[PDB]
Participant: 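Can you keep this structure in mind? I'll have questions shortly.
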Amino acid sequence: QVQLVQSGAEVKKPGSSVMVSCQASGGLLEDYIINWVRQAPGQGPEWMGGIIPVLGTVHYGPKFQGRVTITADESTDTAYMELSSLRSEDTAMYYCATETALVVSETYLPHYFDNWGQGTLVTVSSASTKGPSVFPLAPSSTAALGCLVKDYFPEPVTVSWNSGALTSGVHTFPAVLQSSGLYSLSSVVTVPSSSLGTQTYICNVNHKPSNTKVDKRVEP
Amino acid sequence: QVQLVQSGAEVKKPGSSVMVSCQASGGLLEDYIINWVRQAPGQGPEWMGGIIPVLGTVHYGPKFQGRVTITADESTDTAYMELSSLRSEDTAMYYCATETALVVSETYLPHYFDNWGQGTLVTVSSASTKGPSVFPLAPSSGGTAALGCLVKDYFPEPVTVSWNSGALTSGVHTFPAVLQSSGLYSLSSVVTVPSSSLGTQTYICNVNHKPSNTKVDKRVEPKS
Amino acid sequence: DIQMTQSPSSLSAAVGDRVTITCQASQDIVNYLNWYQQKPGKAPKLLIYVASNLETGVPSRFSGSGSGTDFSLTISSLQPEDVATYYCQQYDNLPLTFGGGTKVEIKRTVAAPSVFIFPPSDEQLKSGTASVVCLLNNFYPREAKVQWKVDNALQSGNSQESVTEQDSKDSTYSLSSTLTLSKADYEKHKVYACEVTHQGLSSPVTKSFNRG
Amino acid sequence: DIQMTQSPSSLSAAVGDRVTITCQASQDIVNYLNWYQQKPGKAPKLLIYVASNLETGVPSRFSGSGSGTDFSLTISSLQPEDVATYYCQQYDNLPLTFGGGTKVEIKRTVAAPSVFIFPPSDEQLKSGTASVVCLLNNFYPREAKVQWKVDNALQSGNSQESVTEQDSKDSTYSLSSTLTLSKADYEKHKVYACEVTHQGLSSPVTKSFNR
Amino acid sequence: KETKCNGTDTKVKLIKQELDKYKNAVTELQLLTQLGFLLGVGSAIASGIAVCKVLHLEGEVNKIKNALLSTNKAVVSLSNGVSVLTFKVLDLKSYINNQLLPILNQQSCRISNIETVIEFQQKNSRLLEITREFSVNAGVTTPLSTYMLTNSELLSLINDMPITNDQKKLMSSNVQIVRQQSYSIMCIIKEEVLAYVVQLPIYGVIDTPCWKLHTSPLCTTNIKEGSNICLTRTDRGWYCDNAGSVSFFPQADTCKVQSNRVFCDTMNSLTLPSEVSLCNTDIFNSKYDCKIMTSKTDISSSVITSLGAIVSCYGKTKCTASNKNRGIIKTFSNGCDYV
Amino acid sequence: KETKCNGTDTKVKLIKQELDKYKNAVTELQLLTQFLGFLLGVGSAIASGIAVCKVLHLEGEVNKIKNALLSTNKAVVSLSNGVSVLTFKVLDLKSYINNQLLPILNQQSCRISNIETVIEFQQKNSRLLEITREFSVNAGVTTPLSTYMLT
């Protein structure tokens, strides 16, 4: 019932250091075991470490000791994770996951993750952040319509139909990496052909990493 | 699975005394805590008292002690409640409610009500008992028509009504009684029905005003 | 006596909503608190006993919590047939007492009323009185208005209206209005109409009739 | 480290079947094993903790069993919303380690794709690029083939396709193909078509347009 | 009155049997509720029995019940002569009357929720354990068990005794010894109340000098085998200063030692003049007649002291003191010696 | 460290009191830790045990005991004085509480869906409490040797 809010996705230069934050709402950081999990594309999750604020003890997975720093700011109920010396291996979705710590004994260890953050995709590359262009996919002679979101970096881009009002029938395809290096992705929705003139369909494209929010109107 | 059957609704004169009975079917009175709860219109329920025949103990609510007598006739499995010196404040639906008393220690008290009677509406008033008149509300000329019957000029509440001996229930609306300016209660019962069955189907409203010994079966259909 | 404070007094929630009802006691009653459901005109039915135990046959969406002086009743997915008044009741000491009650109503999409008018019967006219009935069937919300119109003159304050409780299966209301007059005045005019306004009709719907 | 072995890596089962997944530990972990569900792009969700305890709000069809070194996760009636990757996880000692994962997919009846073609937008052509999109919507099975046809010449290797994961409510797939060409080469030809073959169509369906 | 539930199903048989174990323990209690030789004899529980006897008078228990209705701790005026602290620890009445039996009665002994019955058996546990102990000791138990009086109850009861904080602190720091010098007297179960009298020690004399005297037989060591004479001090035991005199405990195991504190019971003691200490320094002193025994029983033996060992070595016996890391270090000659 | 169960239910009250009884036994025991015949020589029955107790109280001595019984349940430990003693880990309640019970409790804010957990805990907790009770009534020295002391 507590919501874990991680920082937004971003692109960091190789070798630099990145910090991911995780904000708890509805409880104190002391009331939980705070873990940090990452998942590279096409890999499983890997335990990096965890913090136990009630005991003031941190434990690290061997692979990450000495270049990962996890902190818990209880004055603000904000947890942090600092990873230094970025390389190709670190491109991954980073998760903030908790284990509830009501009855805590000494020598308590992390065991599981019952509450997760939304995940933070850290992309390590030198390619500059770039916002996408959106192009209509008009319906014509059940009909289908959509919009084309082209040329963005890095991932991800999100899309909602009618600010989330139209949800039945939406299909957002996984992004494909183009030869240019930039990503592209599509979102199509099927709808009765009789509503092509009476209903308005707008796709809300947001790329927060570049702070570019663009809403392109589409109609037959 | 045990049903509690109370005595019928009635009108009693102010200052007189009323006796309400409550019949248990399927078990013995000794095996229960028998409670009496009343509910005035627009109020919550109020617990009047309870008797525990297996222990031989009677308990009265402080407001009602000294003018309420509750007895348990184990020869007929009937519980009773007698309230004396009736006045206007007593106009309320009176409920007979039980709690199972299978395994009881001494000083056992009533705690809850899991099995209820149907309720007895006691109306304290000077007016005489009077049966209602029933008048059709014939339909005429989209694809659904409405008809009903009007139950007018009775005293006291309640009047009951069923359609087709209780067969027609989806779509019936029996409105709460309204006290007219002339006095006495009046009530309406309407039901919507497909327009194609207006000639092929029979619709009867079975109106009962038990206080007045009035049983009426009114047929409704268009005229000519 | 121990006073039970039930809050809120009324609530409106959609079908599928999570609804919570609270009961407070005037002194510590441990967990000796029960919950009842009363549909309009029916006897109450026991739902929860000892604050948290589910009665057999009660849908799993009902649950109770609390201890000491504050208790709660929660419906995990509110359903149309839950429209009723709920009462908490203590048994720590005598007399057994109830809360003020909480009436639960369903909020649903607005529905237009079907408007039907009935003239007084030929059977009733023999008795010397005429009642003209107007009907609003299966509508929402609660608030509506009906002004009678005989010929074209609006009649004011010579009628009485009665409203059913919210229907247990689709959460709509129905309303019957009865216009009572003497036999002499009924045969004084010819065309009778009842005019109805509501949020479900674009224009007010009027039904009238000709004697015959 | 403790290595977790999840078997099989993938399976296909019909709706309503009873599905079992296995996790093996490299040493005795008593019952200190958890199970997680990960739908595509979403965070993992705790299903079973301490080998057998059901998490609140998790459908009653989930159960966990085992002790020592071998554990199981059981779905008594596989449902469409269960399409996801599942992971086991031990916590006997640090570091916490996970299984390799088991991808569970629903096998249903064969569904034909709805074929729609979209021309490139007028706004995009000015910037110097043109994308022509062809769509196969709500089809089964996974395997389909799209060969482009410009005028009448089959196009090879000038397109890129992306397929959605199995849909969470009806267990079908969707596939989008994008044909990228230059504005100069796009206006070089006239009639564009995408032809689609699949096991659900007796003959391949073609939808075309004139520039 | 009786659990009128029928005993067959697996759910009913556990709660019904659990109820019977409670009702039988209750019924059981009603059945039940109807040197050194120079020492003086006492009545260990004369104080406790006196209090219990008051509760048997007609209508006397009612005063107790009415006072413990609002709080769990009250001072009650008994009709006879003594004011006693009374304590309601477990309230089984309101659990059975308002939480368990309603749950049970509503579903005709089908307890669908197993959680209620487990809570009952734990709530019922202490009564059966107290009943069980009283059932094995003829209504008088010692030492005072943890079912009789928990540490939480004991420390709180310690705080209310009419003693100085120094005396209070001693008892709370050594609660284990307190238990061993206490009694529990079961006596009355009537008018829906069960009560027993707990008798705790009161340590009125604290921090006075106290010493232990060890003695061992002393015989001559002459060459003739059967011709020998022996002598033994008989005044062995503990001696504590008390009220200008010495409280003497002849019996060795009547006292329990914790560090430097000797917990003893004055009831098994004699009161001696302060001149007793002279027997250690001058056995022939003309101010106190030192107690001795005589014999010709020439037997070798040894006495372990607090900080060493006394060895009475006689005849042809081999007497030796050894170290764990070194073996024998000293061989004792005939006579009485110490190391 | 602390029982912070805020939600009250018959199940929560059951584990909390069961947890409190364990939390009480540890503290309770911790409090405890701070014709013829007349010619028969007197002895000190537990002088041997008292001597062994005294060595275990030495600084850094318990760690020697703990670390030897960390991997196995039977070890010979050399105390600082010179004496080798047989050591035996009979109950490991630590690994039970930390990895099976405490995680189960924390998940739903003390609402245990399977009553089996409390029954297992009270059974797992029984041997500790019974040993404590014998010591609690016998001043830390029991005789004869009970079956709870040593099966």
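Residue numbers start from 1 in every chain, and the chains themselves are labelled A, B, ... in the order their sequence lines are given, proteins ahead of strands. This entry, so its header tells us, was determined using X-ray crystallography, 4.3 Å. The structure shown is a partial extract from the entry, and contact counts are restricted to the extract. Note: hydrogens, waters and symmetry copies are ignored here, and every other heavy atom, side chains too, is used.
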Participant: Name, as the PDB entry does, the macromolecule that chains A and D contacts most in this entry.
Facilitator: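 Greatest contact count: Fusion glycoprotein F0.
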Participant: Can you identify the drug molecule modeled at chains A and D?
Facilitator: MEDI8897
Participant: Counting heavy atoms under 4.5 Å, which other chains neighbour MEDI8897 (chains A and D)?
Facilitator: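 Other chains in heavy-atom contact: F.
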Participant: Of the chains that make up MEDI8897 (chains A and D), which one forms the largest number of heavy-atom pairs closer than 4.5 Å to chain F?
Facilitator: chain A
Participant: Short version: PDB name of chain A?
Facilitator: MEDI8897 Fab Heavy Chain
Participant: Tell me, what does this PDB entry call chain D?
Facilitator: MEDI8897 Fab Light Chain
